[PDB]
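Structure note - methicillin (bound form) present.
Going by the PDB entry, the residues shown for chain A are 43-307, listed in order. Note: hydrogens, waters and symmetry copies are ignored here, and every other heavy atom, side chains too, is used. Order of listing sets the numbers, starting from 1, for every ligand and every atom in it.
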Amino acid sequence: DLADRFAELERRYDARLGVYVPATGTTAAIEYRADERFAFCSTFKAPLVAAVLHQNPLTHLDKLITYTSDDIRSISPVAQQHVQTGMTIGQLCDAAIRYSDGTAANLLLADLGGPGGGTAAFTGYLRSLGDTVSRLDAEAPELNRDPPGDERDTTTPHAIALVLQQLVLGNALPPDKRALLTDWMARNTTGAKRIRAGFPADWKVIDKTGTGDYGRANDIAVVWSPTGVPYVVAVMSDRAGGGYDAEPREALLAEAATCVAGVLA
Ligand SMILES: *C(=O)[C@@H](NC(=O)c1c(OC)cccc1OC)[C@@H]1N[C@@H](C(=O)O)C(C)(C)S1
């Protein structure tokens, strides 16, 4: 039984684990704490890029955005390298997804615009996809820091899986924009030790990770079987029991993903 295995992992890693895989043609939903709230951490950047693509014509990807020293406030591997030239919206989407660049995500939120530095418009985008659960209230670094249990900047494995399903598998985006989002997540560099590690090499995996304080580690993916059957996999975790400086444990997500892969193979 899956739930027993997930509970064993919780004890092993002194963690709380949430998992959701939506029902398909022949499988019921897989769900473990799937309606409990977990911090978004950086996972919000995937639907953020979808919001920015949806909102604008494609030539918008070519708009140059400039920024300065005081815009660099969070882990930002790419944005730090280009501060002297600026970055296009396309480059910022690339960096936000593939390197989880925090400054890029902040600039993309500002591009969306409106109250709360774009957080309200981001939430509005989720509402338009039928997600009445998730909320973004702050930008980086603040959004990764809410105390355990706090509802600010949270989603649920259930809600975010259904969002990602509509973005990648459904018709939320036109095919040209859908393909851009799909490709960036396909080329993600931060996810090798999470959902990807739990699925065999002949399964295709696209994903977006998140990491925070209190041992927070998430990964949201779309996976395809070797025969092209897709499944959406949302895994979220925290380790409140070690306090603010509890280490995130990637291996917990790899093992949860291995357990899901075993059921889906
Ligand atoms: C978003 O989840 C980002 N996370 C952070 O910047 C972060 C930590 O990451 C080391 C640790 C504690 C707090 C925060 O947020 C202030 C970026 N995305 C993650 C990820 O994709 O797993 C990175 C690549 C580790 S940074």
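- Counting heavy-atom pairs under 4.5 Å, the chain with the largest count for methicillin (bound form, ligand 1) is, by its name in the PDB entry, Beta-lactamase.
- Binding site of methicillin (bound form, ligand 1), heavy atoms within 4.0 Å: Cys83, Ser84, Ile117, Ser142, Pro183, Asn186, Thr232, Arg236, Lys250, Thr251, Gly252, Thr253, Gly254, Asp255.
- Between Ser84 and methicillin (bound form, ligand 1), at least one N/O pair is under 3.5 Å apart.
- Close approach of methicillin (bound form, ligand 1) to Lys250 is summarised as follows: ligand atoms under 4.0 Å from at least one heavy atom of the residue are 21 (O).
- Restricting to residues UniProt lists as binding substrate in chain A, the heavy-atom distances under 4.0 Å from methicillin (bound form, ligand 1) involve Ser142, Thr251, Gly252, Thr253.
- Listed by number with element, the atoms of methicillin (bound form, ligand 1) under 4.0 Å from a non-hydrogen atom of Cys83 are 2 (O).
- What sits closest to atom 24 (C) of methicillin (bound form, ligand 1) on the protein, heavy atoms only, is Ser142 CB, 4.0 Å.
- The closest protein non-hydrogen atom to atom 8 (C) of methicillin (bound form, ligand 1) is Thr253 O, 3.5 Å.
- Counting protein heavy atoms only, atom 6 (O) of methicillin (bound form, ligand 1) is closest to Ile117 CD1, 3.9 Å.
- At least one N or O atom of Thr251, backbone or side chain, sits closer than 3.5 Å to an N or O atom of methicillin (bound form, ligand 1).
- Considering backbone and side-chain atoms alike, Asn186 places an N or O below 3.5 Å from some N or O of methicillin (bound form, ligand 1).
- The covalent attachment site of methicillin (bound form, ligand 1) is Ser84 OG.
- For methicillin (bound form, ligand 1), the atoms closer than 4.0 angstrom to any heavy atom of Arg236 are 22 (O).
- Taking every heavy atom of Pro183 and a limit of under 4.0 angstrom, the matching atoms of methicillin (bound form, ligand 1) come to 16 (C).
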